[PDB]
Amino acid sequence: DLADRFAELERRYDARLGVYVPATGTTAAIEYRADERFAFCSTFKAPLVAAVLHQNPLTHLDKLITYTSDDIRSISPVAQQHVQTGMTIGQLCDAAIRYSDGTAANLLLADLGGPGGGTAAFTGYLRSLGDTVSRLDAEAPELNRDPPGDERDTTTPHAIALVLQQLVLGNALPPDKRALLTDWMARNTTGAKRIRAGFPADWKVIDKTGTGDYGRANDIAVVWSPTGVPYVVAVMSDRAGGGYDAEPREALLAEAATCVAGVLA
Ligand SMILES: *C(=O)[C@@H](NC(=O)[C@H](N)c1ccccc1)[C@@H]1N[C@@H](C(=O)O)C(C)(C)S1
């Protein structure tokens, strides 16, 4: 039984696990702790890129953004290198999704603009998609640090899956912008050991990960069967029992995804 398997994984990893797969043509929704809040961590970068794409003409991708030494405040594998040159909006989107670059995401939040360095506008974008649950309150590095249970900087597996479904499968974005987001997630470099590890190689997987303090490890994905039937998969986890420095455990997500894949096969 799925719920039993998910509970077994929680015990194995001393973790809290949340899973949501929306209902489809012939499958019921899969849900486990799906309405409990979990920190977004870097998963917010996927709808962030959607918001920036939606907000602007496509060629806003070519706008060069400049920044400085004091802007590097978080893991930023790509932006660390381009302080002098600056990065285009398209480069920032690419880095935010594919390398989970924190500076890139902070700069995208500032591009979106408005109160809270862009976090209010980000939240407003989610509200426009019918998500009355999620909230972003801080940028990097703070957004990954809220104590377990705190509602700041949280979503739920259910909420984020419905958002991702609209962005990738539905009509939240026009086809050209939708393809940009989809391709960046398809080319993600950080997800090999999470949802991807749970699905057979002949399933397509696109995803965006997040990792945070208190053992936080998330992954949100869209997967397509070998015959092109898509499913949205959100898996979220934390390990409050280990305190702030608890190690995130990717294997928990790989195992959860393997269980989901077994049901969807
Ligand atoms: C988003 O979740 C980001 N997380 C962090 O910057 C955390 N402070 C962190 C936790 C563990 C190791 C390094 C940083 C980025 N997204 C993560 C991910 O996509 O899983 C990351 C580890 C690639 S950094």
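Just so it is clear, chain A uses the PDB entry numbers, and the residues here are 43-307, in order. Worth knowing before you read on, the calculation uses all heavy atoms, side chains too, and leaves out hydrogens, waters and symmetry mates. Looking at the header, which is where the method is noted, we find X-ray crystallography, 1.4 Å. Remember, it's 1-based here, ligands and their atoms both numbered in the order they're listed.
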Asker: Mind telling me the name of the drug at ligand 1?
Answerer: ampicillin (open form)
Asker: Quick one: what's ampicillin (open form) bound to in this structure? I mean the chain with the most contacts, named like UniProt names it.
Answerer: Beta-lactamase
Asker: Report the binding site of ampicillin (open form) using a heavy-atom cut-off of 4.0 Å.
Answerer: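 Using heavy atoms under 4.0 Å, it comprises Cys83, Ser84, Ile117, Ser142, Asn186, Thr232, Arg236, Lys250, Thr251, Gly252, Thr253.
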Asker: Measure the distance from atom 4 (N) of ampicillin (open form) to every protein heavy atom, then report the residue, atom name and distance (to 0.1 Å) of the closest one.
Answerer: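 Result for atom 4 (N) of ampicillin (open form): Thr253 O, 2.9 Å.
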Asker: For ampicillin (open form), which atoms, with element, lie under 4.0 Å from some heavy atom of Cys83?
Answerer: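 Heavy-atom distances to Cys83 below 4.0 Å select 2 (O).
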Asker: If the model gives a covalent tether from ampicillin (open form) to a chain, what residue and atom sit at the other end?
Answerer: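 Covalent bond to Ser84 OG.
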Asker: Which of the substrate-binding residues UniProt records for chain A come closer than 4.0 Å to ampicillin (open form), counting heavy atoms only?
Answerer: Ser142, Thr251, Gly252, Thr253
Asker: According to the entry, what organism does chain A come from?
Answerer: Mycobacterium tuberculosis
Asker: Please identify which atoms of ampicillin (open form) are closer than 4.0 Å to at least one heavy atom of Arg236.
Answerer: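 In order of number, 20 (O).
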Asker: Among protein heavy atoms, which sits nearest to atom 8 (N) of ampicillin (open form), and what does the distance come to when rounded to 0.1 Å?
Answerer: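 Residue, atom and distance for the closest contact: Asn186 OD1, 3.9 Å.
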Asker: Give me the pairs of N or O atoms, one from ampicillin (open form) and one from the protein, that sit under 3.5 Å apart.
Answerer:
residue, atom, partner, partner atom, Å
ampicillin (open form), 2 (O), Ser84, N, 2.8
ampicillin (open form), 2 (O), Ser84, OG, 2.4
ampicillin (open form), 2 (O), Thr253, N, 2.8
ampicillin (open form), 2 (O), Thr253, O, 3.0
ampicillin (open form), 4 (N), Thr253, O, 2.9
ampicillin (open form), 16 (N), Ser84, OG, 3.0
ampicillin (open form), 16 (N), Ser142, OG, 2.8
ampicillin (open form), 19 (O), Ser142, OG, 3.4
ampicillin (open form), 19 (O), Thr251, OG1, 2.4
ampicillin (open form), 20 (O), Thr251, OG1, 3.3
ampicillin (open form), 20 (O), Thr253, OG1, 2.5

